[PDB]
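Here the structure is laid out as structure tokens; the discussion comes afterwards.
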Amino acid sequence: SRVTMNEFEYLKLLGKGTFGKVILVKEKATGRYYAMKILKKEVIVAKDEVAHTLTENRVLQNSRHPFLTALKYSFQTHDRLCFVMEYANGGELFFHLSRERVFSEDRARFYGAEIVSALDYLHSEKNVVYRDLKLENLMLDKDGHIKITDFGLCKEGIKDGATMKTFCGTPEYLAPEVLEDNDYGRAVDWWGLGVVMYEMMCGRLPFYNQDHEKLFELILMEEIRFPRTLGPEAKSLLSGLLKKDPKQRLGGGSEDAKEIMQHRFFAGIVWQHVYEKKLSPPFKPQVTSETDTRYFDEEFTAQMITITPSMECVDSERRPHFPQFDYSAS
Ligand SMILES: NC1(C(=O)N[C@@H](CCO)c2ccc(Cl)cc2)CCN(c2ncnc3[nH]ccc23)CC1
């Protein structure tokens, strides 16, 4: 258990939420930069977020893909869990779309392809369903390639047509079959892909109401509509991804991602080239240094950091000693 919190300099707040914070850090000994997610044990326990936290840890440790965030270290103190991950310097797609309103079909295509590559890997090679696709969880690396973050809602052990039970996800992104609450399969990820790609090309959610009651009714009952400037292949792709019956959805059959990969919207895409990062990103992040946070909301980066500075074997109900938090990537 070599690295500890004292091995890092804490530079800037990147993100914050009910469960904890994510800080831009420098490993002092190497000069390398990372995003460190710091969670308070007491909070995770109180909010029944333990299982999610442990799932993210396992999924990160078990996965290696161009478009998935890589984990460098995970470790714990008596009161905290720390995940030291590759820093996605280009920020959230949420940040960009908020400012730009829409992406071109070509730009949405590039992101869509990298997302499909990542999800295909998870489904096919890892038997993992992601369940939480949304613009906040889709980040850009310094070169402009996708990095998916936040694996806490994943389900492991989902092979082929195996089903899942848990009601989870983000309300505006929930698939009809999730809302029905009578079991669902891996095609929930393709609904999620539909929502994000719809947002990218159309500049709004496919279904929205500030009241969750009304929102859920729309998702279940309302036929999809598109702005009339949307091209025919994009309309076709989104229509297929946003079919309410997962059995009728693009990606919803035995071939899974391969059905999406073959859709005419992605005609000409060479999928091995996607994997190899041989497509030139349409937007290159213009960061001037390894610490430039221009693609992060000032609401976060303006905040002051004061990290709190024996107890190595302490294992309590409120602050447990958790398993698999002695990780350093080989
Ligand atoms: N999308 C990020 C984020 O704040 N996510 C939100 C959830 C979605 O709204 C978040 C807030 C707080 C916490 Cl503890 C975890 C996740 C941006 C800041 N984060 C990162 N920033 C830059 N590089 C990163 N690599 C790994 C994570 C990360 C965490 C993910």
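Chain A is numbered as in the PDB entry; the shown residues are, in order, 143-451, 457-477. Start at 1 and go down the list; that is how both ligands and their atoms are numbered. Any value given below was found using the heavy atoms of this structure, including those in side chains, with hydrogens, waters and symmetry copies removed.
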| query | What drug do the PDB records list at ligand 1? | reply | AZD5363
| field | Bound partner of AZD5363, most contacts, as in UniProt | value | RAC-alpha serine/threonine-protein kinase
| said: Any chance you could list the binding-site residues for AZD5363? Cut-off is 4.0 Å, heavy atoms. | reply: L156, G157, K158, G159, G162, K163, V164, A177, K179, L181, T211, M227, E228, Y229, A230, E234, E278, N279, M281, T291, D292, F438
| request: Enumerate the atoms of AZD5363 whose separation from the nearest heavy atom of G157 is less than 4.0 angstrom. | output: 4 (O)
| query | Got the closest protein heavy atom to atom 1 (N) of AZD5363, with its distance? | reply | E234 OE2, 2.7 Å
| said: How far is atom 24 (C) of AZD5363 from the closest protein heavy atom, and which atom is that? | reply: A177 CB, 3.4 Å
| said: How far is atom 25 (N) of AZD5363 from the closest protein heavy atom, and which atom is that? | reply: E228 O, 2.9 Å
| said: Can you help me figure out which UniProt domain of chain A most of the residues touching AZD5363 belong to? | reply: Protein kinase
| If we only count N/O pairs under 3.5 Å, is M227 in contact with AZD5363? | no
| So which protein heavy atom does atom 29 (C) of AZD5363 come closest to, and at what separation? | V164 CG2, 3.6 Å
| Which protein non-hydrogen atom lies closest to atom 23 (N) of AZD5363, naming both residue and atom, and how far is it? | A230 N, 3.0 Å
| Atoms in AZD5363 with a heavy atom of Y229 nearer than 4.0 Å | 22 (C), 23 (N)
| message | Okay, next thing: UniProt's ATP-binding residues in chain A - which of them have a heavy atom under 4.0 Å from AZD5363? | response | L156, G157, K158, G159, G162, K163, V164, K179
| task | Specify the protein heavy atom at minimum distance from atom 30 (C) of AZD5363: its residue, its atom name, and the distance to 0.1 Å. | result | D292 OD2, 3.7 Å
| said: Give the atom numbers and elements of AZD5363 that come within less than 4.0 Å of a heavy atom of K179. | reply: 14 (Cl), 15 (C)
| message | Would you look at chain A and tell me which UniProt active-site residue is nearest AZD5363? The heavy-atom distance to 1 Å is enough. | response | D274, 7 Å
| Residue, atom name and distance, where the atom is the protein heavy atom closest to atom 9 (O) of AZD5363 | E278 CB, 3.6 Å
